[PDB]
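Ponatinib bound to Fibroblast growth factor receptor 4.
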Amino acid sequence: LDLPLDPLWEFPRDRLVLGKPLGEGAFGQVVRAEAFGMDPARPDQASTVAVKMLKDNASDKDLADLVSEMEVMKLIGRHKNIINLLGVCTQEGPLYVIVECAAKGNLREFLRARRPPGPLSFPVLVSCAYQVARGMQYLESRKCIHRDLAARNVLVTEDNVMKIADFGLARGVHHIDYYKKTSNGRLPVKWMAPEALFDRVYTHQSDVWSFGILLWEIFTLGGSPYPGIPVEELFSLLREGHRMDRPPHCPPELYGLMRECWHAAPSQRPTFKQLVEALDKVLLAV
Ligand SMILES: Cc1ccc(C(=O)Nc2ccc(CN3CCN(C)CC3)c(C(F)(F)F)c2)cc1C#Cc1cnc2cccnn12
């Protein structure tokens, strides 16, 4: 190891107390940790953080993936609705990528655990939707494309604030593998815009399509999209302009939003800037 030292981002690893694993990724692993003095004004002050390090039985490509990921994260910048990079540990030990801890975990499982027999009110549901749209609007302003916007990649803090993250996906040979079923049985192709799935074209508008799927997940309280459609059957359905039906207890105002995001033509889909405005109008009204 001979990784460069960026004092701006560098944090002493001895100021980290590692704890509870939060999840195994495809090249890294996220663990919960206590950090001391993340704020140099309060150097003995504890704070809860999440640390990404290399997975067990890791190769040289995995290290390059975690390094490239670290380099991208340094440029993302700070915004209330995107995961915030706090520091890194690159010197005299294993490579650590530190971000803020979102105490309530990923949005999919946050929603799934809070299904009524209720903890989730409709205006809190709109807020989750609005917050994710706000984060995405920031990403697009920084010319950043997500490629895999889903509820499972959005995190929930103790205060129910949404933070866009990116944990997946497995690599194929030369490109990302969207077809591989995740550990949690998720099929990533179900969030893919037609131009991303059929033409390998990724824009902010393809992320808009993905947002429409994420919206469906919020308003089904963590439902899996196209509830019983194998991925082979899904392709014809999409080509032929068929879209998911309005869910059991989803207001038309929000289902209409999903439909705008799923317009076959990327140019006829709204922008994240227009989605923030329409979700703010719904949130204010409710
Ligand atoms: C430790 C850690 C490290 C990294 C990341 C991470 O998400 N990195 C990230 C990488 C890239 C991108 C953007 N790209 C997308 C692809 N794209 C093609 C290029 C740009 C983004 C994004 F947020 F901007 F989207 C984030 C999250 C965590 C976490 C955590 C955490 C906190 N609480 C909990 C609780 C349970 C589980 N985890 N956890």
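Numbers here simply count residues along the sequence, with the first being 1. The header says X-ray crystallography, 1.9 Å. Hydrogens, waters and symmetry mates play no part in the numbers below; they use all other heavy atoms, side chains included. Whatever order the structure lists them in is the order used to number ligands and atoms, beginning at 1.
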Site of ponatinib (ligand 1): non-hydrogen cut-off 4.0 Å: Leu22, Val30, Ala50, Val51, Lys52, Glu69, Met73, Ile76, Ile83, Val97, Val99, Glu100, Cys101, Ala102, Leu139, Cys144, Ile145, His146, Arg147, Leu155, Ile164, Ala165, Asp166, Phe167
- prompt: What's the shortest distance from atom 37 (C) of ponatinib (ligand 1) to any protein heavy atom, and which residue and atom give it?
  reply: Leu22 CB, 3.8 Å
query: Can you tell me which residue and heavy atom of the protein come closest to atom 26 (C) of ponatinib (ligand 1), and the distance to 0.1 Å?
result: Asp166 N, 3.6 Å
task: Using a strict 4.0 Å cut-off to heavy atoms of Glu100, name the atoms of ponatinib (ligand 1) that fall inside it.
output: 32 (C)
task: Using a strict cut-off of 4.0 Å, indicate which atoms of ponatinib (ligand 1) neighbour a heavy atom of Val30.
output: 1 (C), 30 (C), 38 (N)
- prompt: What protein heavy atom is closest to atom 13 (C) of ponatinib (ligand 1), reported as residue, atom name and distance in Å?
  reply: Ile76 CD1, 4.1 Å
query: Below 3.5 angstrom, do we get any N/O pair linking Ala102 and ponatinib (ligand 1)?
result: yes
- prompt: Looking at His146, which atoms of ponatinib (ligand 1) are within less than 4.0 Å of one of its heavy atoms?
  reply: 15 (C), 16 (C), 17 (N), 18 (C), 25 (F)
- request: Using a strict 4.0 Å cut-off to heavy atoms of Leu139, name the atoms of ponatinib (ligand 1) that fall inside it.
  value: 24 (F)
Residue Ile83 vicinity, atoms of ponatinib (ligand 1) by number, heavy atom under 4.0 Å: 6 (C), 7 (O), 23 (F), 26 (C)
field: Shortest protein heavy-atom distance from atom 23 (F) of ponatinib (ligand 1), along with the residue and atom involved
entry: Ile164 O, 2.9 Å
field: ponatinib (ligand 1) contacts in chain A: dominant UniProt domain
entry: Protein kinase
message: Could you identify the single nearest non-hydrogen protein atom to atom 17 (N) of ponatinib (ligand 1) and state the distance to 0.1 Å?
response: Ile145 O, 3.0 Å
message: Among all protein heavy atoms in this structure, tell me which lies nearest to atom 20 (C) of ponatinib (ligand 1), with the distance rounded to 0.1 Å.
response: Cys144 SG, 3.7 Å
UniProt active-site residue in chain A closest to ponatinib (ligand 1), heavy-atom, rounded to 1 Å: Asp148, 6 Å
Atoms of ponatinib (ligand 1) close to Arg147 [distance to a heavy atom under 4.0 angstrom, numbered from 1]: 18 (C)
task: Give yes if a backbone or side-chain nitrogen or oxygen of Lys52 is under 3.5 Å from a nitrogen or oxygen of ponatinib (ligand 1), and no if not.
output: no
